[PDB]
Undergrad: 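I'd like to talk through a structure of afegostat bound to Cellobiose Phosphorylase.
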Number of protein chains: 2
Amino acid sequence: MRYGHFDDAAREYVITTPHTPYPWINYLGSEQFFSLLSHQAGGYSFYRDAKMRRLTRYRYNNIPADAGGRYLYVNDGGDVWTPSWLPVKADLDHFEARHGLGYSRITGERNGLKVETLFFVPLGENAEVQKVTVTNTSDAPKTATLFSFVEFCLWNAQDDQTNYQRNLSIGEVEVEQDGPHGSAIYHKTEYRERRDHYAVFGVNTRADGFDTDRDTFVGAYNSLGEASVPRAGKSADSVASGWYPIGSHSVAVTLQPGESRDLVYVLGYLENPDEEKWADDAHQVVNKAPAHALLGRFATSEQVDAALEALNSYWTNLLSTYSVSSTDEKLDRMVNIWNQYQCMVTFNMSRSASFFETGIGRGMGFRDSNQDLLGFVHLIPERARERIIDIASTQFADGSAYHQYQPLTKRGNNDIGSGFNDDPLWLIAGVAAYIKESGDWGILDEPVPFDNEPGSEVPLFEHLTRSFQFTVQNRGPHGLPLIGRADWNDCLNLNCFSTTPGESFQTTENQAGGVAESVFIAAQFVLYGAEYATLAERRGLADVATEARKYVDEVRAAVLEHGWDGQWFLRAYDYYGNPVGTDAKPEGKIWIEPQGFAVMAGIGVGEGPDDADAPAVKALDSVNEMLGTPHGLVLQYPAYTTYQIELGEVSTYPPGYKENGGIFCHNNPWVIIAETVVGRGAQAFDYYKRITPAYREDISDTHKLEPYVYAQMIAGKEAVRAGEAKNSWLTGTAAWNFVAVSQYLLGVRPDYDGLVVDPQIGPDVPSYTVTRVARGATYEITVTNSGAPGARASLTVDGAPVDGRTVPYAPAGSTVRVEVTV
Amino acid sequence: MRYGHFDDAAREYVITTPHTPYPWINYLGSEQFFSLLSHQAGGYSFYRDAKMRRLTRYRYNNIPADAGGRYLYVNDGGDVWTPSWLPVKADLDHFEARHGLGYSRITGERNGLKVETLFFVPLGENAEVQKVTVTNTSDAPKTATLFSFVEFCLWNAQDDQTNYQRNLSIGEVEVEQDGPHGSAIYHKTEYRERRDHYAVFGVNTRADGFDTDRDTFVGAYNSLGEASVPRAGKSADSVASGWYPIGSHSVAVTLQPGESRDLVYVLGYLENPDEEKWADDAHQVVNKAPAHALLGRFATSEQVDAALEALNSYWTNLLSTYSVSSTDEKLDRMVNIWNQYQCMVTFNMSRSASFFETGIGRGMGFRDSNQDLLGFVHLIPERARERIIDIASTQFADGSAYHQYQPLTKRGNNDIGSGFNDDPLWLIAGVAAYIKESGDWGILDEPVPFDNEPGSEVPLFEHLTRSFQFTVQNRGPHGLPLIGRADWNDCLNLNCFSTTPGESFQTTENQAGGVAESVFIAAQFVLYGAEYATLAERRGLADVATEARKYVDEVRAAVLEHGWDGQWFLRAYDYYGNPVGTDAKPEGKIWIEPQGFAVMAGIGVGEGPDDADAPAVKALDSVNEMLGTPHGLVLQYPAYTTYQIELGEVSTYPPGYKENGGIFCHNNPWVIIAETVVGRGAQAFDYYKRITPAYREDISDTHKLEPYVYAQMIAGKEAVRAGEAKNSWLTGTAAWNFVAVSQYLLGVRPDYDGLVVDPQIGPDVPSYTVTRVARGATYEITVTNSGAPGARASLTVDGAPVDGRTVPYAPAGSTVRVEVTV
Ligand SMILES: OC[C@H]1O[C@@H](O)[C@H](O)[C@@H](O)[C@@H]1O
Ligand SMILES: OC[C@H]1O[C@@H](O)[C@H](O)[C@@H](O)[C@@H]1O
Ligand SMILES: OC[C@H]1CNC[C@@H](O)[C@@H]1O
Ligand SMILES: OC[C@H]1CNC[C@@H](O)[C@@H]1O
């Protein structure tokens, strides 16, 4: 079954019923202000930081899911309905929701009134704009009253949901029925005290009335679907004191058959300078000047359209860097539109706020945001540059880092734990990807503090050496990196041994001592140690480079001497020195992570894809056979059926979910990439398809979640719910699959000195063209692809053959035509 | 005006409508297992700790409030209603809720079927029991199906509300349709790993069907009021796999005219020893032995009835220690039943969990639980004894203390601030009140650790000297004690100067240095220093005691010299040594806390009530004119209207709410007692009435909250919501009004060496009889009361005049008959 369809020329997903398996959201904004907007207008907005400047309230795990958003009640001769369907659930004659790039449109129609709302966040604005179009589609005149409705949150979302003993007495508003462009309500809780910010909610007309108190608008004993005020047909003009502030205006309209009326609502975030906080000497009345300017910038429909068109241009421009034209429309929509758009969202959000992440505990993750860079550097490299500086500034002098930082302050914290030993190497991954993309070697000279200490600055490159050295100087008895709290796998906690319930494995104190080692970090080290060595060489650091290559060689050797189980790579050595991820144990025999990542590091790669003796092939065959499902590859097999105290969080999940046998999609691209490395493009593309939204759309009732974005977790073969996703949108799966398909499958990837063109996608895509802008020049890459196992490309460039697969960067402004034969 | 009525004979509050101004709850349980139960069956249950072992889920700030709890859906002929009204909101022919002592009864009748439910927690049981009686009140046979419903919480309430990215994949149940006594569902999330406990929801019959998955029982897009399963008329027999586990059973019932059937439901908390967790070698099936036993303990109506009777007998016995019979039946019901019942609840909950406190951040407050002891020591001295040891154990070697502790673990934490300089003297308050009550001098020798440290034990008495020495050694330039983070008033943060939004004043870093002093702590030290000296004197420490009365003298003199403003006591000196609470300032001229506390401490007491030169009289008159309202006494006047950086949290509330001009009811009994001390019984009694539930029942539509219990805060005169309460139930107001009324108004108060009988209540209660069991003997105290201003008692005892107002303690088993003339 399906609940909608892609509309490629519009760059939209079209949702054709409110009755989806799960609320399906879009993200509005790409800069500093963000909205979670469901296909039923549910969700909330925040500025910079979902925990600390949340404008509007949303309830996770509500009954039913997603009753809470931007609503417009229509009262037409006493019948009340919402075009978003929820919360009133009155029958609609027509319903449709279109999720586009930075905007969505939701349309509902009932009994001769059609209400279309366009939602979006304009460029350069901290605001969410709604353009509502009301049309009489009947053959007789209509008169209705439209009540807009938003529920404010008291800024600090955690305090909002836990600290009523204080916060029910602090809610404050001002109401401006007769502003310069229409009516406005101001939410200004704590502006009396330390906050220099307030929210506005306004309409571009003089409203008949307003409401700012939730209880008065909705009524005692009532849900949002039964709200009293729209039922009464007029606003109660409530002025909140404490309790639950809201924004609501009423507008009565009269429309002849065929007539429409537009209305423009704005939810704005405003700041004032401290000296300019107040309109009056007594410090009682907020200074509204920037709110009046914001409302003036969206007083008309034309102004809305001009901003929407600018958003469209801005996206056409972002999507002009990498595109593909082939015989597979599903592939193409992923590569051209959806995966790139998701990559922008993960770049902005990290893992903080979705319909599963609550915008509370999670800030910007050190590993998470470093890997997000891999699928972002080609979109806006100047913002990737800034992000690298921000991440590296949260690293400590010893090369270890804060596991994550607060988006508002850019300062690291331990709220989700510390001492994760794979973290430091991700910084080198990010920087290597960025320099390959841009050629901005100068970033290595950027002075960058440790833990934000003014005066602690060292060149960025020097931070990378701290990362590299951290791993060098923390190896265990087999030459493999000490694991610490956990490696990439947050739930592989070998230094934990917790018997205390309800204390987080992520934050709980760890045992000093033991000998726990990670085969994954070892592989990570070989992969990114190699890049580090390259940057040292280019920095003129000959001895540092030689020394670095010797270490990489040691660790690579140790993976082969001590990290091999026979038919696959080992996962780890536990606190006691016993092997993890071996055929000698009944459960957790084979783990996916070191298979993909060791093979990507080139460890155990032999003659070619038919070399059944090469460890890499053996490892990937055991991944196919033991980990493969129709939905993707599960993390380990078998999943743990009992609590294993030496292994930490992992075995606390029921089998088939999350890190215990779930398909953790983020690591699937590693196996995809590995498969292209050994020359099995067909199987790599197969793996790509199994987890990719466009190919899974036709099973929307099994996947449940958004059919146009990747999810973190798809339940595994050992789950009752096998194939059902959780944790859509915010996942490194997006950036990693974009790396996989754009760079390894399709084969077009920047190197330091040229653009590598090395297709390995197999026979299902026999011809295609990639348009890639790199370093100011456009490469038109025409591929004729046999898909024959281990067949690798030859190139001709502008009519002349070249050797190997690297095309040196042509000068800015040129167009290079590459002709590729596989 | 009223929404119910008291039922004194039954010791109940009878709620005669679903449509109250707010949800009105009861607490069930007095030992280790507790339930919050609204008059619509809303709320939840927890074992020992509301944060860490919460069994069932509840949503604060739901729309509407309190849609969630223990529901019984009745399907009669396809018509679906709940006898709690909510969530279905069906018209009922009859509705009633009775909240009793440790139990409640909720009855709803619709279309010939009456369903009554008794909820209670049985003594000795970690369970909530519901005995349902369905009656056919029509003249023709009837049939219906009943669906029970409870929604589980995943134990850690904070994780439950914030950590879906993990916890949507962990929910686990088992279903036992054919158990020994009926059907049961087991909620066993994380029993797989660190938890040795699970929950059971069962019924004493073989249910027709069951549901454990929330989404299937309620249905997509539906609220609890629209739940699909009851409307369909048949259970879906859902077995949860993650998402949201629930307990539901269907039971088909058939009833002749006038016939009823009892059903008994049990929600239980069970643990197994680690070595008996599992029924099976493979560890997949929970050991149900304890749950079967529990369900067999409530298999019949008879067992339920016998346990309700033992609960009644337990309350009669708790309430036999202090009673009054007077001409004022509002006074009587307060003293005899409600104020004591509330005291039990505050003893058990501290300020952790109500319909306002969320059972997350607030554990067992140091200050709060010490003061709760004052109203509790006469109820169950042995439990008070143990609480003193628990509390004192969270004190540090230098006499300061953890500001609160975690109920489950008994360990201090800093989660809501540290370094509150009033905290340490409350330990003296509580121990003195306990020794006066019990004469248990030997508790002073109890060995007690510092900060639960093994081998740090010293006698309890030494803890009290560390408390006492903390103040003597932390005085500022006027000889008044340094305030630290705050004193009693959590929002007076003089070492704060915070300009950063969104960090809690309670918890934010404080400035070192400065000279900030508290007049409140000074009065506290005068009162409780004296008590300490007496304890030292009894132990024969004449050196210690002499030195101690000297310091008390120095502090008393510092209050008169540097803590007096002209017509009232100063509040504080700020960081820079500027006076706080002085007529020279425009706002916050007079603050209540030092007025009542200084006068309670005997400071500025003169010749009698008519001594117009006496500081105590001028302070109390100023309280009356400037702070007095029909609803009680506001905390300070005038309230601050702009943020005062140097005073911290206080000026951040809008005027008239909480610490900024709210009536903070906890500090009113201090003014009450001060007036008695000074000889103005009439005025003291008036203040008592203003804030007292039985006297405010007539304005239920203004108080809004429960009319049978004290609330923390009544909005003061500068608030638009003047008279509206927030934060009911959990307030030190309960202990302090009980002290005021029983010990100072009625006048019967245990001292170290005899029972003081010193009525001071004025002319509105001209005769009464108190029955006071004290040290094993019973005192029948018959008061005849002129109410003449300043007139104090003379006593005759068993026919013979005695000198003074102290009746030396008679031996255990005696009845002493005391005759009182005022
Ligand atoms: O703190 C964040 C982590 O929480 C863990 O419990 C989950 O299993 C991980 O997937 C997640 O990354
Ligand atoms: O930590 C709890 C404290 O929170 C403050 O915000 C409130 O004003 C106090 O009344 C309360 O005792
Ligand atoms: O454990 C695997 C992943 C879980 N989510 C957060 C990621 O950083 C981590 O790699
Ligand atoms: O600030 C006054 C009161 C606030 N609530 C908790 C109490 O500890 C405190 O005295």
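Chain identifiers are assigned alphabetically from A in the order in which the sequence lines are presented. Shown for chain A, in order and in the PDB entry numbering: 1-822. All residue numbers given for chain B refer to the PDB entry; the residues shown span 1-822 in order. Atoms within each ligand, like the ligands themselves, are counted from 1 in listed order. Any value given below was found using the heavy atoms of this structure, including those in side chains, with hydrogens, waters and symmetry copies removed.
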Undergrad: If I want every instance of afegostat, which ligands or chains should I look at?
TA: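 Counting all copies, it's at ligands 3 and 4.
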Undergrad: Help me out: which other chains have heavy atoms closer than 4.0 Å to afegostat (ligand 3)?
TA: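 Chains with a heavy atom under 4.0 Å: A.
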Undergrad: Taking only heavy atoms of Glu659(A) into account, list the atoms of afegostat (ligand 3) that are under 4.0 Å away from them.
TA: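 Answer for afegostat (ligand 3): 1 (O), 2 (C), 4 (C).
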Undergrad: Which residue holds the protein heavy atom closest to atom 5 (N) of afegostat (ligand 3), what is that atom called, and what is the gap in Å?
TA: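 The closest one turns out to be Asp490(A) OD2, 3.7 Å.
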Undergrad: Of all the atoms in afegostat (ligand 3), which lie at a distance below 4.0 Å from a heavy atom belonging to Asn489(A)?
TA: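 By the 4.0 Å cutoff, the relevant atoms are 1 (O).
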Undergrad: Just jot down the afegostat (ligand 3) atoms closer than 4.0 angstrom to any heavy atom of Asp368(A), in number order.
TA: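 Contacts of afegostat (ligand 3) toward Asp368(A), numbered from 1: 6 (C), 7 (C), 8 (O).
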Undergrad: I'd like to know what other ligands and ions lie under 4.0 Å from afegostat (ligand 3), if any.
TA: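 Those are ligand 1 (beta-D-glucopyranose).
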Undergrad: What residue and atom, counting heavy atoms only, is the protein's closest point to atom 2 (C) of afegostat (ligand 3), and at what distance?
TA: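 Result for atom 2 (C) of afegostat (ligand 3): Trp488(A) O, 3.3 Å.
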Undergrad: Numbering the atoms of afegostat (ligand 3) from 1, which are under 4.0 Å from a heavy atom of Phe664(A)?
TA: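 The atoms of afegostat (ligand 3) under 4.0 Å from a heavy atom of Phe664(A) are 2 (C), 3 (C), 4 (C).
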Undergrad: Going by the order shown, which atoms of afegostat (ligand 3) are within less than 4.0 Å of some heavy atom of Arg362(A)?
TA: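 Listed by number with element: 6 (C).
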Undergrad: Listed by chain and number, which residues of other chains have a heavy atom closer than 4.0 Å to any atom of afegostat (ligand 3)?
TA: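 Counting heavy atoms, the site comprises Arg362(A), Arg367(A), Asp368(A), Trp488(A), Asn489(A), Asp490(A), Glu659(A), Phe664(A), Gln712(A).
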